[PDB]
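Read the structure below first, then the notes.
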There are 2 protein chains.
Amino acid sequence: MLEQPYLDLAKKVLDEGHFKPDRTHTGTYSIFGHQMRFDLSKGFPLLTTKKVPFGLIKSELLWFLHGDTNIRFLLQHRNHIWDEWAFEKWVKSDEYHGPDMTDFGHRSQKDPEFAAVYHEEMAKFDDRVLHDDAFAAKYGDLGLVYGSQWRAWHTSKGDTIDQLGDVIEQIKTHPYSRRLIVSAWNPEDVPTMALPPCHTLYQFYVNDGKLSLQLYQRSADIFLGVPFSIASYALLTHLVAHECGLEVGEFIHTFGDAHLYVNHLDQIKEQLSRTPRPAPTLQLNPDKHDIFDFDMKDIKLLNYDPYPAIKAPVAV
Amino acid sequence: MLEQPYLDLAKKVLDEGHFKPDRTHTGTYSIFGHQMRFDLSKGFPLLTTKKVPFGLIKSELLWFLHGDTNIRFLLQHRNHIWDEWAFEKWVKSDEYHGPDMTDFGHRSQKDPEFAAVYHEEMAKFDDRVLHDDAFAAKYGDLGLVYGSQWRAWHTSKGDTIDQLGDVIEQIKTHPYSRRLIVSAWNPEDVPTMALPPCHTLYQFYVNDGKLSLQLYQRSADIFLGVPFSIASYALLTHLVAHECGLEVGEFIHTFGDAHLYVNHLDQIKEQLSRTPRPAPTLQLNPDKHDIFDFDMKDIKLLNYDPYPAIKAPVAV
Ligand SMILES: C#CCN(Cc1ccc2[nH]c(N)nc(=O)c2c1)c1ccc(C(=O)N[C@@H](CCC(=O)O)C(=O)O)cc1
Ligand SMILES: C#CCN(Cc1ccc2[nH]c(N)nc(=O)c2c1)c1ccc(C(=O)N[C@@H](CCC(=O)O)C(=O)O)cc1
Ligand SMILES: O=c1ccn([C@H]2C[C@H](O)[C@@H](COP(=O)(O)O)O2)c(=O)[nH]1
Ligand SMILES: O=c1ccn([C@H]2C[C@H](O)[C@@H](COP(=O)(O)O)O2)c(=O)[nH]1
């Protein structure tokens, strides 16, 4: 079945995984070095053994493709994935008036009295952002994030570089290039950055008419962190191909520290019992071509037959 | 045997390798996505089925570790690997007086009348550099090269960042970090650069007391390009460990486009006949610790028993 590699990776870590403490102190079964591949021309590698929200993936990927970093677009799409990174500033501000949100993520992990206020103040910030146009401009904009990294590489002399764009250009002008790299790691922002990018760098490859891509990520939270990574990066491969007129090939996913949090194991042993069902089919709008405007209804997911959702706890 | 993975990779490309044209127009059997590992605590992965010059590797690696980019150090060590990248400027200059060296690399590939003059002018430039102190300052300095990338990351506001240093610092202050990355890919230099770095990015990993490293390279000239890459990056793993007081673990080598030039096949089929002999032993000076001054005689290679040298042609 199409997703097997991920179940094998999960399985693997569970066995030969070694214990490793965490920054956000927990334990983790970890492995260093691993590659898995999926032939995109055989189905979309969207996990069927667990409910995965393609809606979240798409909207998020379009945000990235717009080089947009303001949280407004995501909320607009009922997407809240990155909210916590905005809230961390809103609260660490002079304007913040209210429930001392210090370490709110951890306190809500088990959520006692802090629970309500945190999630209540959350509605606040998102209400503020979504409508207060100026608030959005200050607190909604995350700054350095995949989109700005991808399409707005802050140079040494003020100008901006659109890596992704100039890359598709590269694929078009001369596809057989070993220089099709889109780096997200900048040495000067990483030390003073909330969360250095996980999906660090990706390289495309054109041969026999098909487009293949390789994603390198220094860290991998296998339970909930990998199933999104796979899909999103498999989606980018159809978009580029469709843009450049290439037939989609296969997506390769290489990991630095691949791991399973110590408080995720029950849930993962649980998943390993179900058997994968036929891979979902991705459908792409034939009319529009400039992927940079390939909005929500331009990407359609056909016949996804997932196993129920397995809840787990945020890694704080 | 220790090197098997490389012979398997060679073997692989020869079989399921697909044809691919080149920038420097030749043909190439290519594969996209591949990882191979070596347990450094079992021997030094220095190929025994072909003579590999450890001298060249060391001197070159120390140049890198000094953040030095001037070709003087290399010539000083009887090392000429990077010369061609210096000559390309010396000749593309107002000062150049003599044999129009245009495309000298290609013309010398089959070397007719151009042969002598090119190699003669080469002695010239290197004689100039090695002794003419000021000449060295202008034409010897390559500018953007692994060393300066590693230890002199040109920031947005003039200052310089020593990635490698701050990284060993990271390994020391807190080893269990998934953020130990040393990137060599800079989005703004790559488009106006002679040869964008191949060995693009490497991440270390500390666990169970051992240091493991993963090297990502977008391109791999398997015949002569990989056997150096393996060794050099395996050497860096002993140096860091020895510096940080860690036991060496294993080195992981991941490739973007791994390939075998169409005019290298005979030589590679040739190699695949010999059987690997016990791996060489690396010896490290116990006294000095600051790897940045771990000079030539501080690294010793014990009992290397290689098969004879298989000549091949430079990929122009
Ligand atoms: C990926 C990504 C972007 N993100 C953000 C993101 C940011 C930092 C991180 N940090 C750590 N340590 N682990 C992570 O998984 C992680 C993920 C996500 C955010 C939420 C869910 C989610 O809604 N629920 C999960 C699993 C349930 C849970 O564990 O709470 C789901 O299965 O849908 C998934 C991904
Ligand atoms: C690696 C590296 C740095 N380099 C530079 C370097 C730079 C650009 C490149 N470009 C291309 N296309 N292929 C390469 O192998 C390559 C290598 C090297 C330079 C010379 C030898 C060498 O002296 N001889 C070889 C093989 C003989 C041959 O093919 O000519 C040997 O086996 O020692 C090896 C590596
Ligand atoms: O998109 C993301 C963001 C985070 N993480 C994981 C990686 C780690 O498991 C943890 C963050 O700690 P660091 O890797 O940054 O050290 O979150 C992911 O898997 N995917
Ligand atoms: O250290 C090096 C330098 C170059 N090459 C190879 C990579 C390619 O095979 C060719 C250069 O073409 P590009 O990959 O840069 O496109 O040289 C190596 O293997 N190692």
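Just so we're on the same page: letters track the sequence lines, and every chain starts at 1. So this one's X-ray crystallography, 2.5 Å, going by the header. In listed order, ligands and their atoms are each counted from 1. Reckoned from all heavy atoms, side chains included, excluding hydrogens, waters and symmetry mates.
- Given TAK-285, AG-270, AZD3839, CB3717, the drug or candidate at ligand 1 is CB3717.
- Structurally, the greatest contact with CB3717 (ligand 1) is made by what UniProt calls Thymidylate synthase.
- The letters of other chains with a heavy atom under 4.0 Å from CB3717 (ligand 1) are A.
- Close approach to A:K50 involves these atoms of CB3717 (ligand 1), each under 4.0 Å from a residue heavy atom: 32 (O).
- Checking UniProt active-site residues of chain A against CB3717 (ligand 1), the nearest one by heavy atoms (to 1 Å) is A:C198, 6 Å.
- The residue among A:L224, A:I81, A:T26 with a heavy atom at the shortest distance from atom 25 (C) of CB3717 (ligand 1) is A:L224.
- Looking at A:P227 against CB3717 (ligand 1), nothing comes within 4.0 Å, counting heavy atoms.
- Organism for chain A, as given in the entry: Lactobacillus casei.
- CB3717 (ligand 1) places these atoms under 4.0 Å from at least one heavy atom of A:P313: 29 (O), 30 (O).
- Here no covalent bond joins CB3717 (ligand 1) to a chain.
- Close approach of CB3717 (ligand 1) to A:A315 is summarised as follows: ligand atoms under 4.0 Å from at least one heavy atom of the residue are 11 (C), 12 (N), 13 (N).
- The 4.0 Å heavy-atom shell around CB3717 (ligand 1) contains A:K50, A:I81, A:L195, A:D221, A:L224, A:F228, A:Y261, A:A312, A:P313, A:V314, A:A315.
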